[PDB]
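This entry carries halofuginone.
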Amino acid sequence: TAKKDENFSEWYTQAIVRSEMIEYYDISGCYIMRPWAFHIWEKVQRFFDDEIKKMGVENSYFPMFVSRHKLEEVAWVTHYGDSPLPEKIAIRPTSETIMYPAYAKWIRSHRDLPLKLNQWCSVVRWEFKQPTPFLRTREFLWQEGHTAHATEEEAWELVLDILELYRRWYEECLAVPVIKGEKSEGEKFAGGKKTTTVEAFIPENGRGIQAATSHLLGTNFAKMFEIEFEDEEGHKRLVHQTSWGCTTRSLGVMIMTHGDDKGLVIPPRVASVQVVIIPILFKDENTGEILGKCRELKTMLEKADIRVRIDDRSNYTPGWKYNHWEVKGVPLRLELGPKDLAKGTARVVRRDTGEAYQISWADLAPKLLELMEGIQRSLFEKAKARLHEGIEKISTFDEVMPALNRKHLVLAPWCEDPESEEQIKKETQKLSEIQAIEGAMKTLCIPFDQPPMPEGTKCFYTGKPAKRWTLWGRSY
Amino acid sequence: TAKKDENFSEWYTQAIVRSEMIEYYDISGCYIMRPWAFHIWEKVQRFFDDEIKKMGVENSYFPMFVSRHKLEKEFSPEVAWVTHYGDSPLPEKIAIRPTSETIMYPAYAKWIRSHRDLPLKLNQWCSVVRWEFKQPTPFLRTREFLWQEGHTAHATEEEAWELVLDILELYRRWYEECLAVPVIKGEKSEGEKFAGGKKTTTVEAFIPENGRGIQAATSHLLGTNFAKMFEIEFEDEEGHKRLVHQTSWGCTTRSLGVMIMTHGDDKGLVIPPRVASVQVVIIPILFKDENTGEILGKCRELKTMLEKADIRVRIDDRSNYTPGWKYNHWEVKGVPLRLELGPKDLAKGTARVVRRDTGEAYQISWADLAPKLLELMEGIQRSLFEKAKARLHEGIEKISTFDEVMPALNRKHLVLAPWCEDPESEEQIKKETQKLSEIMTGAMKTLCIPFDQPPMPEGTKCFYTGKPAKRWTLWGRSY
Ligand SMILES: Cc1cc(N2CC[C@@](C#N)(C3(C)CC3)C2=O)cc(C(=O)NCc2cc(F)cc(-c3cnn(C)c3)c2)n1
Ligand SMILES: Cc1cc(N2CC[C@@](C#N)(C3(C)CC3)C2=O)cc(C(=O)NCc2cc(F)cc(-c3cnn(C)c3)c2)n1
Ligand SMILES: O=C(C[C@H]1NCCC[C@@H]1O)Cn1cnc2cc(Br)c(Cl)cc2c1=O
Ligand SMILES: O=C(C[C@H]1NCCC[C@@H]1O)Cn1cnc2cc(Br)c(Cl)cc2c1=O
Ligand SMILES: [Br-]
Ligand SMILES: [Br-]
Ligand SMILES: [Br-]
Ligand SMILES: [Br-]
Ligand SMILES: [Br-]
Ligand SMILES: [Br-]
Ligand SMILES: [F-]
Ligand SMILES: [F-]
Ligand SMILES: [F-]
């Protein structure tokens, strides 16, 4: 009902509910993840988990509770039954304070390193602001990896390998283009040394959003938690640590990237159902001819590793089913009616473009595989083009507000001084308000891919010598 | 180092710490599950997840919090309550899930409208919290634990019951086929079944060293009781509203504890090959620079060859540990097979292989390695299971009268006794056995009413009440 570009947030809420991905919940900021969405989480989880296992990272499970003093918008447990606890305990917002004392105990010698752990769990961040399903929620599923190394070089190497896996999670599984970069000093994880990130862009509201993160923590947590090892010469040294995480936010980004006015569009690589078979039957009927052929076609397609679901539910019209599965975002629908039975073909409609194909039964499995690769690729390339058109390369501050009013990001030469970022946030916030009467812009990332910087280029805000091209915009 | 048959509890503590399975934590009743334990969990999780997906069960994720009014729709002391965010008190307190019925079933009532929506079959892998102020046991009884909970809804009772039994058979396979732990299928007594369910089925395990039974997993026929409570109804094909027939089932990381206690020995863990992330560890014997490069090369060749046979191999080529250290390390961790390669073996074209369960050593040519190791692993798996099954059979005494109860309990055995199944008699038996044990609770309770029933001769009396016995019932002290 709501059009994606006209009323984006209403479009989003409608799409995630009518698709049967999300059920809203009486406790604000928490959502039920139904199988249509949870299957996508399972797919990217399997991909990422298989890859980090190749790197020697091992899964674990640490408690969801942390004691008050060890933690020093956290949800506090204070009672069991009607009886108060001796001390109140917090639900994890992240697990540094839960894991790193164990790391201190475990690590004694250089022979104990590197230590590489991951866990899949949920965390709780009880912010009072209004939630956004998938993107900003009070409880969410994630994975957090935490490693420790004998040298800075090895930790940094892992940071970048994990960031590349996050690029693949988004770009290869979810067909979402992302930008690799480094966070500004004011936006990085405090208590880390350097934060790398992959950033995505939502064209409909012009907002950047952080997609995943990979931190070079350095030795600051080692000194805080006394994580030391004896080296090959017998001297005590601090470990060099990393941590990295990615959440069900990724599903939200996928939904927003590929959806259209009709509803969701799910990339074939992660879709719970890749091909829905719709028999063209009407109430009663059922002689078995058409459903028999559908079952044959399902078996044949499943032998080619295609995920297939026959919607043989009675008392829905074929058009009702077409719209139902389009709203859910199934990438291909296969229609089988009497005419198709009589000619030995089936009619296949791809979700992203609406293009229809008449395919002989014998040709179904290869053709569908081909179409699937094409849909996946096309979804990514169109989204990549939109990303490129949403970034304006500028040189002076007078170009900022116009570009933000076109719902674009800006790539601008920046001095990288931390005070200027706050200034810029405030100054853009003010200018925005003033227009509004008739909203702040921050750094998203300093991209790894740096265009050339002509000698003597000035920072777009301060006029001081610019160091690097920086990506700015409004953000989630 | 404690011996398993002398101080069982300290043996267990040392076994799970020394093998790097658990780490202690400052919040009582919670433990850290280290990677070595988590590998076994991942194996049984993958097994069970694949099998329920073949049945059409889909995974999902429901919130960890539930509202007061939803939680108490109809145990209360065991629920952890969240009352504050930062320093602000919530308007109303919210609870952490001890189980998810009150969270999922309102959603079921909304989602189910027509027979076209059935069956609805969902599962989730998560953790739950039961805040008992009693002493925990690592894996077996903890305040937070990992589990899966499945919840299904069906148009008919017959279909629901078939699913209950199919899931219970998957739990039998989880314990017996993966973990090599024998279990007994049965039905819970009226006093021990899930309240507000119709029939609870169970698989039960036994710990010989302390004589205790323990529930291994559970599968409930809920019937229509929760459908009434939550108004989960469907319009059948003639437009009449009908109640759904429901099931719920679960199993936890307690399974790992049971595996440890069943197969572990004085040397530490013993991991069944089917759940071992490392089935064969290859130890290069490096000493005085004798043939270092050729030995390492041959180890890598053997690893490739074994992996083509789908054997899970690790080469422990770490230079900062001696070979003898590595032998002990992987023995304490329970790796089923150790492969030793030194210059003597390199010359002979053979390897020395030692199996963890018995310590027997084999000299195996390289060309024979893969089929011989596959044979040895199936032998180890089967032998672990069979020896545990024999201990289970020897731990059960079939009795007729109440006077044989306390002697059998003092032999650390369970009893199989003819029982009237009256629920008051179970409470009376619990209290009386506890009293007699005084002269870790000594009470004896029902473990299950086994599916496999011995003959019941006409006129057999209940071992306690003397009324006519209905069925043979398995009783013991328990976890
Ligand atoms: C799912 C998810 C995901 C993320 N992030 C953060 C970065 C990250 C990435 N990359 C991680 C964690 C991986 C590193 C990611 O995914 C953050 C939140 C969140 O901050 N939740 C609390 C909350 C609740 C709420 F009702 C409202 C707000 C709210 C409203 N306005 N503002 C400004 C906040 C916030 N949640
Ligand atoms: C891991 C786990 C597992 C199980 N169960 C229950 C049945 C089940 C099976 N099969 C499930 C859940 C699958 C159906 C299973 O695995 C129960 C508990 C537990 O009751 N935890 C709380 C607690 C903490 C604690 F510190 C101490 C005690 C305690 C000490 N003495 N007594 C009498 C209690 C209890 N924990
Ligand atoms: O959570 C982090 C840092 C990193 N932890 C490991 C996974 C990847 C992740 O980026 C930063 N962070 C974010 N939000 C937080 C919210 C609260 Br509440 C607390 Cl106490 C602490 C934190 C906190 O430390
Ligand atoms: O948890 C159950 C019933 C079933 N739920 C689904 C998975 C399998 C499981 O056996 C029984 N049970 C057990 N312990 C509980 C503890 C508390 Br606290 C509460 Cl409120 C409720 C319960 C409670 O309902
Ligand atoms: Br994938
Ligand atoms: Br974060
Ligand atoms: Br027909
Ligand atoms: Br004991
Ligand atoms: Br899984
Ligand atoms: Br339970
Ligand atoms: F150092
Ligand atoms: F596995
Ligand atoms: F290896």
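So you know, we letter chains A, B, ... as the sequences are listed, proteins then strands, and number each from 1. Order of listing sets the numbers, starting from 1, for every ligand and every atom in it. The figures here come from the full heavy-atom set of this structure, side chains too, leaving out hydrogens, waters and symmetry mates. Recorded method is X-ray crystallography, 1.8 Å.
- Location of halofuginone, all copies: ligands 3 and 4.
- Ranked by contacts, the chain bound most extensively to halofuginone (ligand 4) is, in the PDB entry, Prolyl-tRNA synthetase (ProRS).
- Every other chain with a heavy atom under 4.0 Å from halofuginone (ligand 4) is named here: B.
- Organism for chain B, as given in the entry: Toxoplasma gondii.
- Near B:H151, meaning under 4.0 Å from any of its heavy atoms, are these atoms of halofuginone (ligand 4): 6 (C).
- Among B:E101, B:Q124, B:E72, B:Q148, the residue whose heavy atom sits closest to atom 6 (C) of halofuginone (ligand 4) is B:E101.
- The distance from halofuginone (ligand 4) to the heavy atoms of B:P98 drops below 4.0 Å at these ligand atoms: 17 (C), 18 (Br), 19 (C), 20 (Cl).
- Residue-level proximity to halofuginone (ligand 4) for B:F75 is carried by backbone and side chain together, each with a heavy atom below 4.0 angstrom.
- Below 4.0 Å from some heavy atom of B:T218 lie the following atoms of halofuginone (ligand 4), by number and element: 10 (O).
- Of all atoms in halofuginone (ligand 4), listed by their number and element, those nearer than 4.0 Å to a heavy atom of B:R130 are 1 (O), 13 (C), 14 (N).
- Set against the non-hydrogen atoms of B:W249, the atoms of halofuginone (ligand 4) under 4.0 Å away are 7 (C), 8 (C).
- In this structure, of A:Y80, B:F194, B:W131, the residue bringing a heavy atom nearest to atom 3 (C) of halofuginone (ligand 4) is B:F194.
- Annotation: B:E149 places no N or O atom under 3.5 Å from an N or O atom of halofuginone (ligand 4); distance criterion only.
- Close contacts of halofuginone (ligand 4) with B:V79, meaning ligand atoms under 4.0 Å from a residue heavy atom, involve 18 (Br), 20 (Cl).
- If you number the atoms of halofuginone (ligand 4) from 1 as listed, the ones under 4.0 Å from a heavy atom of B:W147 come out as 7 (C).
- Other-chain residues and nucleotides with a heavy atom under 4.0 Å from halofuginone (ligand 4) are B:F75, B:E78, B:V79, B:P98, B:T99, B:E101, B:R130, B:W147, B:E149, B:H151, B:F194, B:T218, B:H220, B:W249, B:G250.
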